[PDB]
Asker: 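Here it is: the structure, laid out below.
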Amino acid sequence: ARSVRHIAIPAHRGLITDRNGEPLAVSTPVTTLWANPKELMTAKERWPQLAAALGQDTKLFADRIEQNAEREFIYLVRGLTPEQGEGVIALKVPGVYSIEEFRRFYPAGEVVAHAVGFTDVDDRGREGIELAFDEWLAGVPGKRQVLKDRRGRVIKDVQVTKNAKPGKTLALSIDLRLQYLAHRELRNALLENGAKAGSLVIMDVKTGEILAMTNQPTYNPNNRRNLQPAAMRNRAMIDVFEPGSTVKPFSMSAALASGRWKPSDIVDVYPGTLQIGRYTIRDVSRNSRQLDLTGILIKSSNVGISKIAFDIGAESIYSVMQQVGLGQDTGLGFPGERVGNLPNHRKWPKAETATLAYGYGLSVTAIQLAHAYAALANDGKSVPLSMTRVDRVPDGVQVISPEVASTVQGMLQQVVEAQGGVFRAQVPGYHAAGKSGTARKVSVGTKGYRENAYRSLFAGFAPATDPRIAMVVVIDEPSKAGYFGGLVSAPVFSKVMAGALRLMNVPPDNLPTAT
Ligand SMILES: CC1(C)S[C@H]([C@@H](C=O)NC(=O)[C@H](NC(=O)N2CCNC2=O)c2ccccc2)N[C@H]1C(=O)O
Ligand SMILES: [Cl-]
């Protein structure tokens, strides 16, 4: 019974910070106390003092030790603070030992839970960034030998056979300040609107960095006691949806690149419907007989966009959408991330051509939509997405001509700023641009759509004079104060964009309305 034992030396898991060094996941030093029952059995009159110092009931504590009198090792308590373990060891109770351990702590908790994820009881990454970069972050535990006698009392630390190796630091692209702002405002809007879920993505249009990514519902990764599966989802990355009218700027980009359309062109949209075979295209706004190109986007005419689509054909539309990354692998490798679906057909009937152009029959993620709007904002130059801090600006791919992008930027500025436009999306002190959308949710137990359940969207970027930031707001089943994208999601865009631009010290380009 007198032999040497090898015990592990816990390795320090790598620090996860935001883009500026703000800790997001940190391995904190804790103290675990263990006992040698055989030794404690000789110090019985120290039990009541020891039990009390452990916050345990004298008798229940005594039952524990007695039931284990045979054993040489049992945990007393795990994960005390260093000073708490210091106090109990200082009592000098025979057979009580301490070992230094680590506990993974998440300082911003629920604010960044979906992005960062968490580690399991073996601090192996199980969700999110903790999972995706587990190899980078994980340390290598060491090993050492201890000598124990017949009764199991430790008499000597013999040697370290293997040093512990710490994991590596990882800096995310996220700006925690923006993440806090986005988290709070999304939560507020979810609650004001009695919505079921939501996502908000902010992107640096020049660098491809994800500055903020938040979802509702969320959870506290430091306390997962009553955690339900639904709250764990990074919906921005892993859930798909039909983008609806938020793809209209890309259909318009195809129209302009085709050589067949120009901004002054007028389209007749009377009577606000278009019959094609059995299916009917319907406009919601029906207070105009004709619209120029800009007014098609301002009023969000499905009939208008459909007529342009029939003229240019589906292939030109499919092509811009593929080019801006809709339904395409993002290359981020976030666990569970979806590619979505951009349908490719042998032949395109009018029906499928029209619905593609106004954003149904395809499915995207909120990250993809934001990336697509970044391309438009960045003068038609698409840059790869990143969830880690970028050192040097990546090489972009010119996916939309600068000229077309410039015109479409102007139209989207008009969608926000012009009379009859989405005025709730106006950003104090700035010129913003963007597009609202409203989509019926898909039926649960059949094909087709729900009658009274909706997804509210707004996508945009700012400032219009030199776009820095793109943002997408998606809100599921608002039920208390309307459901249109320009009612529900646009105000979120306004407030978050305002705070974001200020936090990033972007100078106001609209002083007639500044703060
Ligand atoms: C409410 C609008 C002004 S309509 C138009 C457009 C774009 O998103 N959205 C729609 O046309 C949407 N259609 C829709 O969900 N589906 C599913 C199958 N095909 C079809 O039409 C809709 C929205 C509200 C009530 C009824 C229908 N933009 C909205 C905006 O800007 O908020
Ligand atoms: Cl319904």
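Nothing fancy with the numbering, it's 1 onward along the sequence. Reckoned from all heavy atoms, side chains included, excluding hydrogens, waters and symmetry mates. Atoms within a ligand are numbered from 1 in the order they appear, just like the ligands themselves.
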Asker: Which drug or candidate compound lies at ligand 1?
Answerer: azlocillin (bound form)
Asker: For azlocillin (bound form, ligand 1), which chain wins on contact count (greatest number of heavy-atom pairs under 4.5 Å), named per the PDB entry?
Answerer: Cell division protein
Asker: Which organism did the depositors list for chain A in the deposit?
Answerer: Pseudomonas aeruginosa
Asker: At less than 4.0 angstrom from any non-hydrogen atom of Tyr279, what atoms of azlocillin (bound form, ligand 1) do you find?
Answerer: 19 (N)
Asker: State if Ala439 counts as touching azlocillin (bound form, ligand 1) under the rule of any non-hydrogen atom under 4.0 Å.
Answerer: yes
Asker: Is any N or O atom of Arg282, backbone or side chain, closer than 3.5 Å to an N or O atom of azlocillin (bound form, ligand 1)?
Answerer: no
Asker: Considering only heavy atoms, does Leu457 approach azlocillin (bound form, ligand 1) within less than 4.0 Å through its side chain, its backbone, both, or neither?
Answerer: neither
